[PDB]
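This file shows NTS(non-template strand) complexed with actinomycin D.
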Amino acid sequence: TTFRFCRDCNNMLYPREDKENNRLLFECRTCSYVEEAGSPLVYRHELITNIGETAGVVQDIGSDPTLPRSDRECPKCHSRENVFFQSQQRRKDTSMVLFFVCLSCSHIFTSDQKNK
Amino acid sequence: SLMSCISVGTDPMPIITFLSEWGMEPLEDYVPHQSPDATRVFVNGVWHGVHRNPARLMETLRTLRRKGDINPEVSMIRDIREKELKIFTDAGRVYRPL
Amino acid sequence: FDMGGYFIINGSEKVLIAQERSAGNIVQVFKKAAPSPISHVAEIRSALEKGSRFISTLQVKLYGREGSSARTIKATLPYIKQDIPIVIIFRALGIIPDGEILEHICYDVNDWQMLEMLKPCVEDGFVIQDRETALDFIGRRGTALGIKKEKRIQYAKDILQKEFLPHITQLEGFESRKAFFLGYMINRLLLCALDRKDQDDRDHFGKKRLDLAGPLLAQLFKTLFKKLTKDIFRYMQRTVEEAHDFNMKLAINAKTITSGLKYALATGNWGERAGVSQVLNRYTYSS
Amino acid sequence: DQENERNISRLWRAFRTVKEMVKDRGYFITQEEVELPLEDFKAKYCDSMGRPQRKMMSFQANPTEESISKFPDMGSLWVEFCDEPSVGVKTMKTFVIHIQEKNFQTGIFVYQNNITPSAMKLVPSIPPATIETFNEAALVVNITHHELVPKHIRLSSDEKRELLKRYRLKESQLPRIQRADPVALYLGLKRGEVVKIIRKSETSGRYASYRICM
Amino acid sequence: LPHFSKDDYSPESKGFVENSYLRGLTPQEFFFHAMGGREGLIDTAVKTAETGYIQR
Amino acid sequence: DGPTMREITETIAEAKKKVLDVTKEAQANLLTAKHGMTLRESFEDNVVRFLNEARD
Amino acid sequence: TXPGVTXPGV
Amino acid sequence: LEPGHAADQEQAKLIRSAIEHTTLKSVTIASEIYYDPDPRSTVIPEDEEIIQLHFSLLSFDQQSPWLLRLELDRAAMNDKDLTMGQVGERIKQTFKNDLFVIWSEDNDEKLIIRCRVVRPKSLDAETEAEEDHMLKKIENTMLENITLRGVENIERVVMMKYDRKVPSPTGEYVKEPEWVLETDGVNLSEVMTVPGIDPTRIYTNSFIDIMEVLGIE
Amino acid sequence: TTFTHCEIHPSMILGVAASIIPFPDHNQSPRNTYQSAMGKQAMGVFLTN
DNA sequence: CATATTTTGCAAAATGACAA
RNA sequence: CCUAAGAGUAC
DNA sequence: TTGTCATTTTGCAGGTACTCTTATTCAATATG
Ligand SMILES: [Zn+2]
Ligand SMILES: [Zn+2]
């Protein structure tokens, strides 16, 4: 969705119909700041959310001692050592697919097979 | 358990002074946009600010507690995934030696 | 071989069993059952060790089920009869612009899911666009109902200073810190609602504290000495209104502290809970 | 037309259940009518346009010789099907006046969706005429053929008197059956009437119970 | 337990006692068996109370 | 006796290997969820059944 | 419920 | 099942599909709201084929420029006997002509449903601003209120193979297998009337429903 | 091999009453609970004085 | 100096409208 | 003597 | 001249026996 704020009073901008050009127009509700629309999308509702499963990855995620290590192939460094963890989305119906972070390149690669 | 003890509680002011000295940003002038990947520092459940280099801060806090400058009953937890740093000095915490 | 660690009350050996309780000043988020309208509740049992030592429970509740559309987040402030919307609280603390409020709540610009889930709150609070207006709103919801309109602002200020998140501070000028903490609580609530983290386990032993003889005797003595000092003040007022002479010995009543401590330790009850103090078992050394 | 086919199939099942209900009540309905096939029903009660007609689907039944001997107080019965999904006051009034002027002691109204409460209040007409309303959805499956549902036989007044006399019972000491139970509605029980229940017990082969309508 | 890595679904990590009572239980297996026995005792107490009430 | 203990250890090892193979299938998402339950529930059901029949 | 665990209801 | 089709596995599958409740919430991957200035062309290149089929096959001047787009799940349409035509017909029937709905074909790479609320001839100078909100409300009710197939209070149906004792024509009681449906949730009155099953032999854990549907005995 | 700490001894997870049990790891756990509750009722010398 | 008084589990019943 | 509380036995 | 639908308040009780010990009975100001 990528919500955007007014640059005059730092307030929300809502979508608005236009007649002269028949275009989406973002408007302020308190200072009448009006501008164009970057995208026609104004509302996204993720019934099945794919993002958030790799959330929590940090530039020094390897410093965590509780995270298990692995020697699986890294398809950017060909390095053995890396850390791995399951999906971070805590929904009960998520799959048990694993994610790997290389400690020398910080590239996240999965163990999935349908995607590959 | 045989080796389990209960903390008696200490004054958190020295730890707050250590945090301020070592580079803890005060919470009053913290703007999340300019410091997105900042580790929030909690002392006894009070969010006191953010730190931009949590690894060095945790290392020096561990060194201070391991030489006795910080009371050993004080518990320091670094949650990397959540990007949080919690320090507890209150009484009633049950710990064991390792 | 006797190890000590027990009292002798009236010739009987009494031991104070370590009383377990939930830790204070920790934010805990819990899901709610289907019949309830609120789906998730984030609460903190705020308490200050070096003050009045009173428990004030702040709750942040997310109204509406998963299929509901009006998902408004409301906070239960102490001494307020209604659940105030969160954005009203942010504006009362001194953060008027919506962008700054959302920055205080959501720390990631790309986290558009949290922004979408949080838009109903700003939509609800659009009616109030000023700090004084929000303070008046809170005062109007104030349960005292004995304050004139222009002093409702002061009443709300007192609520937000000495009653809202006491564990942070009791002084003034720290509105930003309390606003940041409220944003953090709402952030935790929204993370739990977005199925990004599980609800907090109430049985996690790291969230529990054991009150030993120290804290128990401390709170009992605090109450008992408050009683004694109130008695001292009452005696002083009585002897100054009657213009009689003032004496220290006639003022203090050591029987208060002595009898209170002896009663709390002699009987199980801990007041003026049960079974806090028990007769020490002497059947066997291991016992 | 699949919706039309399922609707006419449900209507045919309802018609079969209604005929079974009337025959079980003691009236003279031949076995052939009960087992009427789908094609014959569609030829008779459905027009060329494919829309079944209910006006000519309503019918009249009469008690058989055995029922007359056992129940020498009950006469002809009328079963009506409504066409419009919602039954108004005017249609119910026409039905009840038609029942009254034809001297029917019982009249079954079979409706599609619902009856207006303004028509429910006028359902109780002048005695001894009684009006029973049934929903076609509830009449799709004959509950009495379920193995959990045992055999129900209405008792005559003489039989009820004999039952109370032999067992030294009062009216209230019999087991009760509500005057809203699906089987009681199926058989048209009135309050005070006793049904004998034949059951396949497992300790003895056959067990007979009795339930009084309340 | 803090003796296992994160996201370990192996039988030993989630409470499979591969040792007999004759051989003896490892500390983790001992703790897991203690958890199972605690569940059994709690169930026994709850069951006897509930059955008493139902019987009355 | 010795041979019986060796056979028991072999059986336990074989069951643990089957559990490891099921875990590899689940972690590769190749496992299919049983109708009426999620992926994780099916995986847990299979693991528990394997361990139970191993003990038996 | 019950009580405990009136009814519902009453 | 009906005795003549007790072991017929595909008939059991047919009945399982017939009774199991399915909602759009279990099928729609995601939903979106877009601003298309004209209801004749779209700004999304992916679904332009859908519009250039539907408009070519076929009035449109009274359609709101706001559009609601639903992306469905291929697996949901696979494991259950559901297709784009069926769900489109269900939406059209439950919303009458108030909502213009188009859908991609089943063989298409992405399952897309595009909806536009029709514009009444009465001009409104304020409903245009809240049109997006109205569409949101319509999407909300379209997620749960409408049912694709199956009767209500049926969370999930599973199929099992039972083995009963049937008297053989020669005299003995032989073991004969049947397919049996176990259903989460109880809608006994509505399930019992479904054709293809044996109405006599239906049974329920909830004896309250049995009592209120079948009788006190 | 990424350990940060080491247990001083696993047998220190037990309490005072359970530390008396010989070979507690060869027992069914309810038996250990029974002995823990029952050794407090054991008879001996509680104090030397 | 001594006795007297200041955690848990919901379906409804009730309410405020209401609409012509 | 009453009341309250605590500990415990067998289920 | 009749249905409608949609928020706000409504009551609670927890198994059977049995053993032992400990504390406590309103404090204190006020008038006869
Ligand atoms: Zn603006
Ligand atoms: Zn790499």
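Every chain is numbered from 1, with letters handed out A, B, ... down the list of sequences. In what follows, every heavy atom counts, from backbone to side chain, and hydrogens, waters and symmetry copies are set aside. Only a slice of the deposited entry appears, and the contacts counted are all within that slice. The header says electron microscopy, 2.5 Å. Modified residues are listed as parent or X, with no contacts credited to their extra atoms.
Tracing actinomycin D through the model gives chain G.
Using a 4.5 Å cut-off on heavy atoms, the other chains next to actinomycin D are J, L.
The name that the PDB assigns to DNA chain L is TS(template strand).
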